[PDB]
Amino acid sequence: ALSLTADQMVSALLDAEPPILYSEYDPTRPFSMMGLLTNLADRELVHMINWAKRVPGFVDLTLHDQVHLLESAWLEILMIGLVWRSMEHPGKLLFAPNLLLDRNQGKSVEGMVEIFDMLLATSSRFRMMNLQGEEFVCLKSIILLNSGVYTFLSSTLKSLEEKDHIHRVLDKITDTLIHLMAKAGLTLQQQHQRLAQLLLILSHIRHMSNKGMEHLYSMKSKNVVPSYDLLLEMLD
Amino acid sequence: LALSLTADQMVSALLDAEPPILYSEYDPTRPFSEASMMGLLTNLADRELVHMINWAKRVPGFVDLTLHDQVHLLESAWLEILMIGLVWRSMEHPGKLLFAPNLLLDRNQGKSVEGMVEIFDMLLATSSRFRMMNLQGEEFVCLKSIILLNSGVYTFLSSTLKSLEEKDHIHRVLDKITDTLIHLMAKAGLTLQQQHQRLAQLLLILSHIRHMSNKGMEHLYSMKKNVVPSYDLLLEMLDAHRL
Ligand SMILES: CCN(CC)CCOc1ccc(/C(=C(/Cl)c2ccccc2)c2ccccc2)cc1
Ligand SMILES: CCN(CC)CCOc1ccc(/C(=C(/Cl)c2ccccc2)c2ccccc2)cc1
């Protein structure tokens with residue numbers, strides 16, 4: 001599937017997009033913050049596995065490596081999705097269409113408003129850059145392929161082939177991002193510049209995931225961080 | 001006035017601003033298993049940080065920022081910058097980390113402190129990736145300046161007119177480093193496709209470097225020691241003389 005043209009790559013990613021889910025609270029009852037966020041994330045994760053298997057090249061990998069990639073990336077992917085759908089809602093986070101929250105509403109869990117603030121800034125940055133949908137799906141696929149690629153625990157022949165593949169798929173997505181920017185009329189300089197600005201935002205998204213992963217682990221709750229086996233059970 | 005700088009001028013500036021490679025301070029005539037490995041890394045890092053401040057002030061456009069914003073950027077970036085330095089000078093030493101010329105450690109030596117072999121393994125993998133990519137010195141200095149300028153830019157948390165202007169400037173300087181990276185690549189004869197593919201490959205490694213810094217910072221905080229540089233320390237070091 002690295003024979004795909006740039007336009008075929010975009011279409012495939014656009015097709016693979018997960019749906020927008022709703023929060024599960026009774027809207028007729030008075031308005032747990034973590035509870036709502038957790039159920040939302042749970043349900044999104046199932047759809048994320050579905051999406052991942054539709055990212056060109058992903059199912060070419062071993063099941064083990066697919067799990068490793070998702071294990072490393074799942075919160076980054078949830079967060080970029082959140083930031084994307086929040087883009088046109090300054091100062092708020094659209095967790096769900098029935099759950100649009102501001103930073104003050106985040107101040108009811110310790111350490112949450114700090115995370116909310118980081119997400120809001122990323123959304124602002126997306127707005128400034130006028131991030132497009134076709135660019136977003138590319139960046140999201142890059143996260144899936146990239147975040148875990150430096151932490152493969154082996155140098156077996158197969159693992160070398162797997163890493164080679166991952167980097168070839170990533171190069172294809174780079175080629176596609178550039179194409180999108182060419183299609184929109186950006187100059188060559190502008191193209192490289194925007195590529196860089198987009199990819200640099202991924203470091204901040206990594207950062208936000210790390211801070212959030214710290215929170216989930218501090219809870220000392222058994223099922224809160226997805227196990228290898230859960231991911232394995234879903235992917236197979 | 002560093003936005004007028006050319007691509008070759010930008011590289012030259014950055015190469016000239018490079019900090020020195022420091023040596024570990026242990027008595028080499030003394031038994032090795034005495035020394036605390038966290039002790040050695042901490043002292044090395046302390047000394048490196050001073051040189052980092054002076055390097056930062058020589059990154060084109062960095063001293064055009066407010067002192068508060070300079071501090072914020074370094075507060076965010078300092079461990080990423082130490083780590084990319086480490087990974088760079090380890091590039092030519094497979095399976096080892098060259099903390100200093102007289103302190104070249106493997107992953108087994110990192111098993112000294114619990115939780116540290118995991119970080120060593122990530123650093124080693126980064127170094128291996130640099131090796132695979134045949135990372136050049138001029139590309140290295142560009143990436144390191146990008147880390148300095150980019151890592152804290154999303155967390156200023158001021159929307160004053162001044163802060164807007166500061167962020168605009170940071171992104172203009174970043175754009176210029178991007179132009180510089182591309183120029184280097186075109187100079188080396190890479191096709192346009194190869195140029196944008198390698199730019200992306202290099203920038204994606206920065207996310208893993210962020211990751212490594214976060215895991216490292218988790219450790220330093222876990223110690224419950226003054227081991228994380230305070231704002232006031234960074235301010236004290238940056239807010240200097242000219243006497
Ligand atoms: C295995 C079961 N797990 C993961 C699915 C339960 C899910 O735990 C959570 C997963 C994600 C989030 C979350 C955010 Cl922003 C968050 C993370 C950490 C600390 C504070 C906030 C978020 C929720 C929805 C969309 C985007 C982000 C919260 C709990
Ligand atoms: C007192 C304030 N700071 C000074 C920065 C002290 C900060 O202590 C340390 C700073 C850096 C390192 C360090 C590594 Cl790789 C590390 C970090 C966390 C856990 C395990 C290892 C490193 C050292 C030198 C070069 C590259 C990396 C260790 C202690």
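Below, read A as the first sequence line, B as the second, and so on, with proteins coming before strands; counting in each chain starts at 1. Just follow the structure's listing: the first ligand is 1, and inside any ligand the first atom is 1. So this one's X-ray crystallography, 1.6 Å, going by the header. Side chains included, hydrogens not; waters and symmetry mates left out as well; all remaining heavy atoms used.
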**Student:** Name the macromolecule with the most heavy-atom contacts to ligand 1 in this structure, as the PDB entry names it.
**Tutor:**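 Most contacts go to Estrogen receptor.
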**Student:** Specify the drug or drug candidate at ligand 1.
**Tutor:**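 It is the drug clomifene.
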**Student:** Heavy-atom contacts under 4.0 Å: which other chains make them with clomifene (ligand 1)?
**Tutor:**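 By heavy atoms, the other chains are A.
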**Student:** Consider clomifene (ligand 1): state whether an atom of it lies below 4.0 angstrom from any non-hydrogen atom of A:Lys211.
**Tutor:**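 Contact absent.
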**Student:** Using a strict cut-off of 4.0 Å, indicate which atoms of clomifene (ligand 1) neighbour a heavy atom of A:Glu44.
**Tutor:**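 Those qualifying, in numeric order: 25 (C).
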**Student:** Flag A:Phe95 as yes when one of its N or O atoms lies below 3.5 Å from any N or O atom of clomifene (ligand 1), and as no otherwise.
**Tutor:**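 No, A:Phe95 has no N/O under 3.5 Å of an N/O on clomifene (ligand 1).
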**Student:** Which of the atoms of clomifene (ligand 1) are close to A:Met34, meaning less than 4.0 Å from one of its heavy atoms?
**Tutor:**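 Near A:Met34, meaning under 4.0 Å from one of its heavy atoms, clomifene (ligand 1) has 29 (C).
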**Student:** Does some non-hydrogen atom of A:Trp74 fall short of 4.0 Å from clomifene (ligand 1)?
**Tutor:**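 Heavy atoms of A:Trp74 do come under 4.0 Å of clomifene (ligand 1).
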**Student:** What are the atoms of clomifene (ligand 1), with element, lying closer than 4.0 Å to any heavy atom of A:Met112?
**Tutor:**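 So the answer, numbered in order with elements, is 20 (C).
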**Student:** With heavy atoms of A:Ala41 as the reference, note each atom of clomifene (ligand 1) found under 4.0 Å away.
**Tutor:**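 By the 4.0 Å cutoff, the relevant atoms are 5 (C), 7 (C), 10 (C), 11 (C).
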**Student:** Can you tell me which portion of A:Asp42 lies within the under-4.0 Å heavy-atom range of clomifene (ligand 1)? Options are side chain, backbone, both, or neither.
**Tutor:**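 For A:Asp42, the contact with clomifene (ligand 1) is made by both the backbone and the side chain.
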**Student:** Mind checking whether A:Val109 contacts clomifene (ligand 1) via backbone (N, CA, C, O), side chain (CB onward), both or neither, at a 4.0 Å heavy-atom cut-off?
**Tutor:**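 For A:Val109, no heavy atom sits under 4.0 Å from clomifene (ligand 1).
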**Student:** Considering A:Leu119, A:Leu40, A:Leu101, which one's heavy-atom position lies nearest to atom 15 (Cl) of clomifene (ligand 1)?
**Tutor:**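 Considering heavy atoms of A:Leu119, A:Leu40, A:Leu101, the nearest to atom 15 (Cl) of clomifene (ligand 1) sits in A:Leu119.
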**Student:** Within the 4.0 Å heavy-atom shell around A:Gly212, which atoms of clomifene (ligand 1) are there?
**Tutor:**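 What qualifies from clomifene (ligand 1) is 18 (C).
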**Student:** If the cut-off is 4.0 Å to any non-hydrogen atom of A:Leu78, which atoms of clomifene (ligand 1) fall inside it?
**Tutor:**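 Going through clomifene (ligand 1) atom by atom, the ones under 4.0 Å from A:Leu78 are 26 (C).
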**Student:** Counting only heavy atoms closer than 4.0 Å, does clomifene (ligand 1) sit against the backbone of A:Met213, its side chain, both, or neither?
**Tutor:**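 Neither part.
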**Student:** Determine, using UniProt domain annotation, which domain of chain A makes most contacts with clomifene (ligand 1).
**Tutor:**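 The majority fall within the UniProt domain NR LBD.
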